[PDB]
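Opening remarks: the structure here includes benzolamide.
All residue numbers given for chain A refer to the PDB entry; the residues shown span 4-125, 127-261 in order. First listed ligand is number 1; within each ligand, the first listed atom is number 1. If you check the header, you will see the structure was determined by X-ray crystallography, 1.7 Å.
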Amino acid sequence: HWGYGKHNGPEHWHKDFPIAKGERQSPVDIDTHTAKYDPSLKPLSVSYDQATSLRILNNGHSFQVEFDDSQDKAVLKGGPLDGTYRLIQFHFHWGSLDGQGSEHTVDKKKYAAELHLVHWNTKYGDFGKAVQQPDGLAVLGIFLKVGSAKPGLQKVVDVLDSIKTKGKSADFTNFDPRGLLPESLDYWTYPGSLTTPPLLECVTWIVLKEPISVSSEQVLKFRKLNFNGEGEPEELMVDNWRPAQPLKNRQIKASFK
Ligand SMILES: NS(=O)(=O)c1nnc(NS(=O)(=O)c2ccccc2)s1
Ligand SMILES: [Zn+2]
């Protein structure tokens, strides 16, 4: 099966998922000097006041916090989007060292980690239908740099001990994702793909310019998770990021001059 090691990592994925060599793959490097300011772009509208988290899970390649998406509770609109996108989960990618871990890069700079908030377009009725459409998903990408702790992240960090290995889950209610957002909502956007198999080209990426900062101790706890299941030989969950893919015939647009 696919993963991030030497014999099953990103350079091998195309053998099972040929779209890995597709025209609109993610992540990409954001070259700040060639991104185009688009004054037509709207401000983002994040409405997470009524979010309902359910549980946190180690899925064997990352950990994800899941939300109830049975109704318009937590949604994203505005920006480059048409319509209402419902939050279904967030997860992280991170490195073995503080100098790597993000998927997107900015002028080739790598951050310690990257947070992805995944939302799906409710006009397609369910998530499974949404992922088959070119405008089906919108993923909000937030960079993490190492500095001062983020209080809003600590609830997550403290429960990692109970989902150490693949397939473990825990109740995780009343988590407010607003605590993970930077002060500014300025962004870059481009049409892209999932960055893990099946690598479907169904994502509008929205990557925030402003990173959030987390402490060394917080990201340290991420690195103690395991890719393996319980009872199996220990493999630490680190460097679960895909390298930058060719931009090809795409333009990155910026919301800010
Ligand atoms: N890193 S990323 O592009 O946000 C994603 N990588 N895996 C993801 N999982 S997921 O949205 O739950 C998913 C699960 C099954 C099919 C399509 C998407 S999102
Ligand atoms: Zn991701």
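- Lab note - all copies counted, benzolamide located at ligand 1.
- The main binding partner of benzolamide here is, in the terms of the PDB entry, Carbonic anhydrase 2.
- Within 4.0 Å of benzolamide, judged by non-hydrogen atoms, the site holds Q92, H94, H96, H119, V121, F131, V135, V143, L198, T199, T200, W209.
- Residues flagged by UniProt as binding substrate in chain A that sit under 4.0 Å from benzolamide (heavy atoms): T199, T200.
- Residue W209 has at least one heavy-atom neighbour below 4.0 Å for each of these atoms of benzolamide: 3 (O).
- Near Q92, the atoms of benzolamide lying under 4.0 angstrom from a non-hydrogen atom of the residue are 9 (N), 10 (S), 12 (O).
- The shortest heavy-atom distance from benzolamide to a UniProt active-site residue of chain A, with that residue, is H64, 5 Å.
- Every atom of benzolamide is numbered from 1 in the order shown, and the set under 4.0 Å from a heavy atom of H94 is 1 (N), 2 (S), 4 (O), 5 (C), 19 (S).
- In chain A, UniProt Zn(2+)-binding residues less than 4.0 Å from benzolamide by heavy-atom distance: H94, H96, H119.
- The UniProt domain of chain A that supplies most contacts to benzolamide is Alpha-carbonic anhydrase.
- Short contacts between benzolamide and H96, defined as distances under 4.0 Å to a heavy atom of the residue, involve ligand atoms 1 (N).
- At the shortest separation from atom 3 (O) of benzolamide among protein heavy atoms lies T199 N, 3.0 Å.
- Of all protein heavy atoms, the one closest to atom 6 (N) of benzolamide is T200 OG1, 2.9 Å.
- For benzolamide, one of its N or O atoms has an N or O atom of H119 under 3.5 Å away.
- At the shortest separation from atom 17 (C) of benzolamide among protein heavy atoms lies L198 CD1, 3.6 Å.
- Of the protein's heavy atoms, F131 CZ, 3.5 Å lies nearest to atom 18 (C) of benzolamide.
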